[PDB]
Structures are given as structure tokens and as C-alpha cells.
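Quick look: salicylic acid on 4-substituted benzoates-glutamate ligase GH3.12.
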Amino acid sequence: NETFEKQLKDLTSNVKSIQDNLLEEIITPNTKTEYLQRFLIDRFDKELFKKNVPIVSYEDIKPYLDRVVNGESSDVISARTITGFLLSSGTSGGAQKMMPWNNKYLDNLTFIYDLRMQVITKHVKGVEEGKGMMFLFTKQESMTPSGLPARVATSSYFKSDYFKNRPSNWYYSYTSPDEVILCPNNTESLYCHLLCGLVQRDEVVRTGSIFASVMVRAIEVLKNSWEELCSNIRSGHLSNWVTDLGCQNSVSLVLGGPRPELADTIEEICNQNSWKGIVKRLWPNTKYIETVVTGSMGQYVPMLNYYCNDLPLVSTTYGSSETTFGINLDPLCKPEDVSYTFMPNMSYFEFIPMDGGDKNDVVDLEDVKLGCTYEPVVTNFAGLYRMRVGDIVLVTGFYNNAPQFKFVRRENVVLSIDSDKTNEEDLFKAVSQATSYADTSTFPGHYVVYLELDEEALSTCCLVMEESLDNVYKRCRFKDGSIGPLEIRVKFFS
Ligand SMILES: Nc1ncnc2c1ncn2[C@@H]1O[C@H](COP(=O)(O)O)[C@@H](O)[C@H]1O
Ligand SMILES: O=C(O)c1ccccc1O
């Protein structure tokens, strides 16, 4: 508390000096990299940096990134060794962007985890002796020619000691064994998350996932699997179809032995007329749902409130493959009122105005204007200098001297159900090969493109349209099952 109260007041009061000091911390060891040498940055000088280092897009610097991805020394862009890459949900030329990465990403990520934990406990009581049923997933890595792995942000965390050796307190205590969280087969691991959460239902004081789409999926899978889950509880055995050795061993220990009475109890709850409030009925000690409900995830809020009996939905964190940005300092607000306060120790932040309210070319964090929209620009600890993020944010206020931002949209994105972010360009290519709407009225959600009939021909249209989308889409569609068959309404399905 005392340490935290002071910590937060300082971070948010001293933004100007923290940002300027951070930029010096980044630039000084990097003055001899090929990249900074190119732009004649031979010492820390903020004015020369702003004047001479260009504001770049991913495509602008891809030739440097490709070199590091292929095995060239990371000193071309960063004197802090690059030890891996992050796979962005954002795409470049149909291929997922690969951002450079090192353990500073995890230093900052864990800093934010500890900070948001304190923010939550300040405002929410009755959580410190319980566990969380957190639907957390690991995604198998992709190998690059350099031999370094490329992972999604949270997988870079789970597959590290930052997670394995995390703090032993309520916030880091889950109903699922680590083996379940680490399991790269997410169909198996989601089933196991639910089973373990049910067995330990009285201990659950929070539940959630990174994004709302995954929370909704977990509930939908519960609705479709409860009979089987209860049979495992009754018998004290995990279903044979789960092949992961880690899950088998760890979940067997959670089960312990036959629990016919607990099975009866759960079955009676699931057999009611309606699924309304099911989360709070199965997990009666839950204090809040922890999941992002901003941006494209806002579409899931009505379903969440239905299943959770208006438990608070707490949307804590805004982050990307470039850097974690910051957190929600008013966690108990309504989803539509969520703003994120950037933390000035994360990266050096600049902002390009996206409307007429601010006529500058680019501005520092401390200079953004209320009610104006911007694209964030990031200088980080892994070789990105003044990189455009492609998101649009709106200044809603200032907490002490720290600007607070509403997430508006990812620029150019037209369709999003889960982690997929299909942009106008991808959709143009698809309809060529052949308007739209993201339908989440049913699960899973699915794309809907408005365009007797040759049903073979129009079913092939749906097909070639999907085949032209990106790898994130195809993973959600064919592997996760988080996205259903694309639908063309002239109705035909892929
Ligand atoms: N709290 C949030 N609310 C809305 N969108 C978010 C949030 N956090 C991340 N995102 C979006 O998800 C994108 C994915 O980042 P990346 O890890 O590069 O795929 C971000 O750039 C944002 O567009
Ligand atoms: O790690 C998280 O909890 C997180 C949440 C939202 C966006 C990016 C993130 O890494």
C-alpha cells in the first residue's frame, strides 16, 4: 500500500522527467548501433533525435528486422541483445508482423502485472485468500532462421521464469496447474481449465482471460461440455481424449478421487431452465471478471453481463507487440468509460494527431490534448525507434500529469471477432477473388459478406474469400474454433 501509493503518485506525477530519462537510458548504449549511426545520433540529445530519426512504419524498417530474424547480430538496431520475436496479430503483406524482443519486454510486463494487482486490491475486497479461474493459453512458437523463437506476447511470458517463478500470492494463484496453462493444445487446456475450476469452485474469487472473446468462448464451451466435465468429477478420472501428459498428471491430482456428490451439485445447477447468471451460480464467491472489454471486445459486454449477473467487468491493460502501454486506474467503471493511463517507464511515447484539434506534426506524451485523437509512436528497449503502432487513441483526461486514453480502433481494421484483425485491404483481396459485418449473435462469431443461384459457385466464393484471409484468422477459424464459417449473403457458407 504505502509503497504502492507512493509508487503510483510518482509515476503519474513525474511523467516529463521519467520520459526524458527513459529516452536517454535507451539512446546512450545504442549510439553505436548501425541504425542510430545512420541517423547521426552519437550522443543523447532529444532535439537531434526528434529532428533526425525518422518516424517509421513497420514496412519502413522491415529490412533491418529481416536481417536480425535471419541471424545477423542484433547490434544493427539494439545493444540489448535480441533473444526472440513477438508475433503481432497485425499483418504486413498477409504475413504476421514480427517485432524484436528481449527480457525488457517481460520486465515491463511484470511491472504492469504487479501495478494492476495493487490497483485492483485497492478497490476490490475479499480476494486475497482465494484463487482465480483464469483462462490463460500458451501458443506454440514459430522458429526463425536465426534459430530464435517467435511467440505471441503472453506466450513469451508463460514460457519463461517470469511466469514459472512468479510471486506466491492470491493474484498469481490459479485453479489450473501450470501444466494446463502451458499446454499448447488449447482445446485440451480450456477443457482442463473448466474442470479444475469446477473442482475448486468455492475458492474462485475472480475469473477472466486476456480478451473478452476468450471469456465468452470458455462459457460457451462450458455450456457444451458440462455433462462430460461432471462425469470426470464423478469418476475422479480425466477423459481419455486429453493427450497432453502434463494435463493428465496434474489434473488427475486435482481430481484426487471420485466426487459423486460434487458432480450432483454441479449437474443440478446446470440443469436449470436458463444459462442466465451461470458464472455467478457455479462460482458464487467471484468478485469480478477480469478481461479486456474495450475496442472490438466491447461487442461481448452484453453476453458477459448476461452470464455473470452484472459482476463488474474489469478491463486492466492496453498493450501491443511493441510495448505494454498502461493500465486502467478506475477499474470499477463501465466498459464504455474505460481509459488507459500510459506508464512513462514502459517506452518513450510520441503521438501523431489524427484530427484537426491538434495541428502539430508529432507531440510528446506530456503534450497531448483533451478530446483529440492520436496514433501512438514507440521507442523501445529492443531496437524500435519512433515506430507507429497503427492504433487510434482519444485523450479523455489526465491523472496527475499522466494522460489517459480511450482505445478507439486499430486503423484500417474492418472485421474482428477474436484475435483476428482483418483490414480493408485483406477484404478487398478476398472480394476480388470472389460490404461486411462481424456477426457475434451466435457462437462462434463469423464474418458476413453482403454481395436459382449456383450454390456450388457461391459456396466456393465463401471459400476463396476465407482462404485469402490471414494466418491469425485461419488459426481462430480452423484450430481454435473461435470463428465459424464465413457467410455470404447475396445465404451461403464456406
Ligand atoms: N485493452 C485493449 N483494448 C482494446 N484493444 C487492445 C487492448 N490491448 C491491445 N489491444 C489491441 O490489440 C492489438 C494487438 O497488439 P499486438 O500484440 O501487436 O497484436 C493492439 O495493438 C490493440 O489494437
Ligand atoms: O498481458 C496482458 O494481460 C495484456 C492485456 C492486454 C493487452 C496486452 C497484454 O499483454
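For chain A, we keep the numbers from the PDB entry: what you see runs 8-441, 456-472, 488-526, 571-574, in order. Computation of the quantities below employed the complete heavy-atom set of this structure, encompassing side-chain atoms and omitting hydrogens, waters and symmetry-equivalent molecules. Atoms within a ligand are numbered from 1 in the order they appear, just like the ligands themselves. Header entry for method reads X-ray crystallography, 1.8 Å.
Counting repeats, the structure shows salicylic acid at ligand 2. As stated in the entry, the source of chain A is Arabidopsis thaliana. Distance screen at 4.0 Å: atom 9 (C) of salicylic acid has no protein heavy-atom neighbour inside the cut-off. Heavy-atom distances show that, of the salicylate-binding residues UniProt gives for chain A, the following lie under 4.0 Å from salicylic acid: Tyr120, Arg123.
Covalent bonding of salicylic acid in this entry: none to a chain. Residue contacts with salicylic acid for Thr161 involve side-chain atoms from C-beta outward but no N, CA, C or O (heavy atoms, distance under 4.0 Å). For salicylic acid and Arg123, the ligand atoms under 4.0 Å from any heavy atom of the residue are 2 (C), 3 (O). When heavy-atom distances to salicylic acid are checked against a 4.0 Å cut-off, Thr331 has no atom that comes that close, whether in backbone or side chain. At the shortest separation from atom 4 (C) of salicylic acid among protein heavy atoms lies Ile217 CG2, 3.9 Å.
The overlap between the UniProt AMP-binding residues of chain A and the residues with a heavy atom under 4.0 Å from salicylic acid is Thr324. When non-hydrogen atoms are compared, salicylic acid lies under 4.0 Å from the side chain of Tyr120 (C-beta onward) but not from its backbone. Annotation for salicylic acid: atoms under 4.0 Å from non-hydrogen atoms of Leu116 are 1 (O), 10 (O). When hydrogens are left out, the protein atom nearest atom 7 (C) of salicylic acid is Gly326 N, 3.5 Å; that is the closest non-hydrogen contact. Between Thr324 and salicylic acid, no N or O atom pair is found at a separation short of 3.5 Å. Counting heavy atoms within 4.0 Å, the binding site of salicylic acid comprises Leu116, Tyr120, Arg123, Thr161, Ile217, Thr324, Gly326.
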